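Please read the structure below before turning to the comments.
In what follows, every chain begins at residue 1, and chains take the letters A, B, ... in the order their sequences are listed. Counting convention: from 1, in listed order, for ligands and their atoms alike. Note that these values count all heavy atoms, side chains included, but never hydrogens, waters or copies made by symmetry.
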Number of protein chains: 2
Amino acid sequence: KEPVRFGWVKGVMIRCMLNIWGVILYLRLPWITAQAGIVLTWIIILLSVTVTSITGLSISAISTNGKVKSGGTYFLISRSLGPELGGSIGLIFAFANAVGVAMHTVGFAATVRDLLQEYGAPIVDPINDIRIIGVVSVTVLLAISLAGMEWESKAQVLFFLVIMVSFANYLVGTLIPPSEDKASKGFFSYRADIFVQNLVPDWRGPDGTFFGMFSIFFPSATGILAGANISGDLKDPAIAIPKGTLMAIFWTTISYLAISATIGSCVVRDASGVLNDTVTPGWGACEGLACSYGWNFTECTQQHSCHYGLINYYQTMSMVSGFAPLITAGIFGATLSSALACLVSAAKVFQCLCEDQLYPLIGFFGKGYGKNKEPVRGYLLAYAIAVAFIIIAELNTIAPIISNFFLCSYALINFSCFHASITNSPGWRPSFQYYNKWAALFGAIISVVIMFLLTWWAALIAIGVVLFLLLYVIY
Amino acid sequence: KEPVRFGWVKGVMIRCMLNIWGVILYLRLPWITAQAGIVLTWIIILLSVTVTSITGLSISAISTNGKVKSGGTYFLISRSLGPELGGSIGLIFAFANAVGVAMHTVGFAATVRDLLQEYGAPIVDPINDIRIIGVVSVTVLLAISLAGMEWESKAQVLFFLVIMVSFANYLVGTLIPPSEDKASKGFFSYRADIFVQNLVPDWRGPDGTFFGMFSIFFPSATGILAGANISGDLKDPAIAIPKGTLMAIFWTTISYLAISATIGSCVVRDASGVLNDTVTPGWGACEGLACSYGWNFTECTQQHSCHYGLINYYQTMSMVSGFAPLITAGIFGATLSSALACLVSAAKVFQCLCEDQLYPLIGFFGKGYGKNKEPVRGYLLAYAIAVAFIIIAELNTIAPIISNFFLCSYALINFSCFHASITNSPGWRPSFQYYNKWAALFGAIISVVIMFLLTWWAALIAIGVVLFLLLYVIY
Ligand SMILES: CN1[C@@H](CSCC(F)(F)F)Nc2cc(Cl)c(S(N)(=O)=O)cc2S1(=O)=O
Ligand SMILES: CN1[C@@H](CSCC(F)(F)F)Nc2cc(Cl)c(S(N)(=O)=O)cc2S1(=O)=O
Ligand code: NA
Ligand code: NA
């Protein structure tokens, strides 16, 4: 009974694309497009996908160096900077993945709760909705993931199809001439006037700055290592990991640019929401862009007190669409798939750390064999952390620390590549064509600059945890 | 012709006491005593002299381990964490010392300029006063330091005597019943009412917070390594360095407490400065503490627009005194002595780095022998940096980076002691009685906490410079 192996389009490309896409695509990108206009939004996107392209090239170069087992992403850190930054960064990576599982299942449970609160009676508590729904969802994901690897692959293909259907729904919705309901909320079809008026920023509110929008977006463009954590479950990784990872990054960035450039030329940043604001012939004068189509939104701009339009209403994308519930389906598919990718990623790193002879820290976790060619001993450890961080259910303060645990790995992977390449390390001969030491050095420096720049105390906590593990292991 | 060696009272105690005392004693301590009252000022002092007591114990333990040449303070860093944090921290230490020479000579030149601007015609430029005076003063200090070591010792004893004379002048001045000039500016003799009213804070202005006052004070309590940088010029360092350094710290702290507790019970925090504010019998009512003695300062407190009193006038200590010019003499002696101690400290570390075989980075500086048992090759290097940072003459922005170069050494010295003591390093047997690994660990952790807490970007620059030197030396 041979194990199942995957090609490059279902085992690498789909996984990375589905882990990069989140709910920022559906709830915040249309808002960032309004705060910062179109050109600066493109600049933010192209700055974010430059760090993850350099890390992508380093990962691709790592993959063409030989055969590495599923979850041996930190082996280069270990054999280039000693086996005590190997295990420490591996443990940080595999703990942050198992926390990201919870930070996604909570986001899915929030949507389920929001739908339940309108269509029927919820159960008594306002926040225990999230806890019960999150725990049930995590148990279902654990069950399907523990039933094999073909089943996880089929579920991921299903989520991909649902996301594509939501994209098509959006794109055919924007081409429909506006109805009164859609017009009165700020939607007109592709107009040249609304495109030009939206190319320049309009910073509004306490969080409306270029660095604020960069800090909102950047953590949702990472997630490129989801096809390299299962390196051993591919038919030939040395051709499948470079091409799959880079195609994922390319197509994700294209979809990020198209959505902003199209939503930025259909909706105005201010709208009333009440249909009694048509033009009255002889209403003195009106000030605003929308009069030339037949709508009068002066009271908003004078008083700054309406809830609709691109800059005020967070769910504009779900009202431009032809059929609204398909966008909710897209949100479900974009959140569950990220949770599943993170749960399969944290299992295959705990299972590599539990069988690492050179890092005996947690090698004592073995009681039951579970020999089904599956990491049963690495799934329960991830499940326990995932549930323990769903019971808390309040995770907006832990997000910076986890997001910096994920950049302490982007720094050490890139620096391990550079250090092994300048030292001429004995056994480091990557054959990937597009790779350079100085690009890796730049990536390793920027990944620390950004990490301290986003929030300075969480970066210190992230460094302190790694340093404590390092020192306790040495002594 | 044997070289000259010093005892423990002139070679260690005087040097450390004179480098700890600065112009904060004369221009800012009476102000901090008014912002934060008396109890919190004592708390600030006793928190600052806890980091430098733990570092003092680590230095004392280092000194009883054997014989170390003049300027080998970093040898423990080198033989406990490799010879590439040895030289890098040694270079950072000896560059920050040679910059502190400039940051003190500029402070002396400022006082000379301020006196010149009143008693006669200055030369044409307002800021070239500082440049010319600073360069001349540094050349005079270099000349006396380069003429030998006995002459430097005699100059330091002279500065010590001048500081003691200013202290006596102050202390006999506060016991004189007030004159009208001194009363109208806010000075009354030791009163019980002004003591109680001044025990509690009164935070005023943009910089008036507990952390603001800690950040002003703390960098002026360090400077305890000035008697350990000349370890080889002592008759027996293993008895002279512990006792001298700890007695310096003790007596400095006593003088810091006495000045604040006595200036806090003689002056009120608000005064007018004009003698027409005596009590007029029948002036309705007056509100304020000073009426019961016979002075009426209501207009100040109502309008917040007067320049005198403890909290508003920075030179209160120079008007309480019996004879004002002796306080100026004390300021001269407190600034020149710190410049001289730093110039002798940076010479004897550059001269140890130029003859270090295991750190060949700057070993190429040797052209002229200068064999006079004096570091002629290490004095010109310090002089060039000192002059280059006096020509700039604007140093209030470089102060944080230098002050963090001085804590990157307090961290590594303490951690080197701890690491060598837990590893049971082969050759580390300190016989100092009062020493503990965990005290050193606490010192090494607090020295980084404070370093990032004072200003977060300058700490990153200070770490980046050390890391760049480390990496460039390895490759
Ligand atoms: C969206 N994620 C961001 C973190 S930003 C949100 C935060 F968690 F910070 F709150 N980074 C990564 C990176 C990787 Cl490499 C992987 S993965 N599955 O390849 O190992 C997963 C993730 S993520 O899904 O957690
Ligand atoms: C007053 N100094 C403070 C720095 S605070 C002012 C700043 F420079 F930061 F702006 N720390 C030290 C420490 C030492 Cl050990 C030595 S010394 N001569 O023993 O080597 C000298 C000094 S200092 O004189 O520079
Ligand atoms: Na997803
Ligand atoms: Na001094």
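- The chief contact partner of ligand 1 in this model is named by UniProt as Solute carrier family 12 member 3.
- In this structure, the drug found at ligand 1 is polythiazide.
- Counting only non-hydrogen atoms, chains lying under 4.0 Å from polythiazide (ligand 1): A.
- The set of residues with a heavy atom less than 4.0 Å from polythiazide (ligand 1) is A:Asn19, A:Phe93, A:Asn97, A:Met103, A:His104, A:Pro219, A:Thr222, A:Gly223, A:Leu225, A:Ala226, A:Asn229, A:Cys342, A:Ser345, A:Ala399, A:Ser403, A:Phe406.
- A heavy atom lies under 4.0 Å from polythiazide (ligand 1) in the transmembrane segments of chain A that UniProt numbers, from the N terminus, as 1, 3, 6, 8, 10.
- Residues of chain A that UniProt annotates as binding chloride and that have a non-hydrogen atom under 4.0 Å from polythiazide (ligand 1): A:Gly223, A:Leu225.
- As for UniProt Na(+)-binding residues in chain A, a heavy atom under 4.0 Å from polythiazide (ligand 1) is present in none of them.
- Closer than 4.0 Å to polythiazide (ligand 1), one finds no other ligands or ions.
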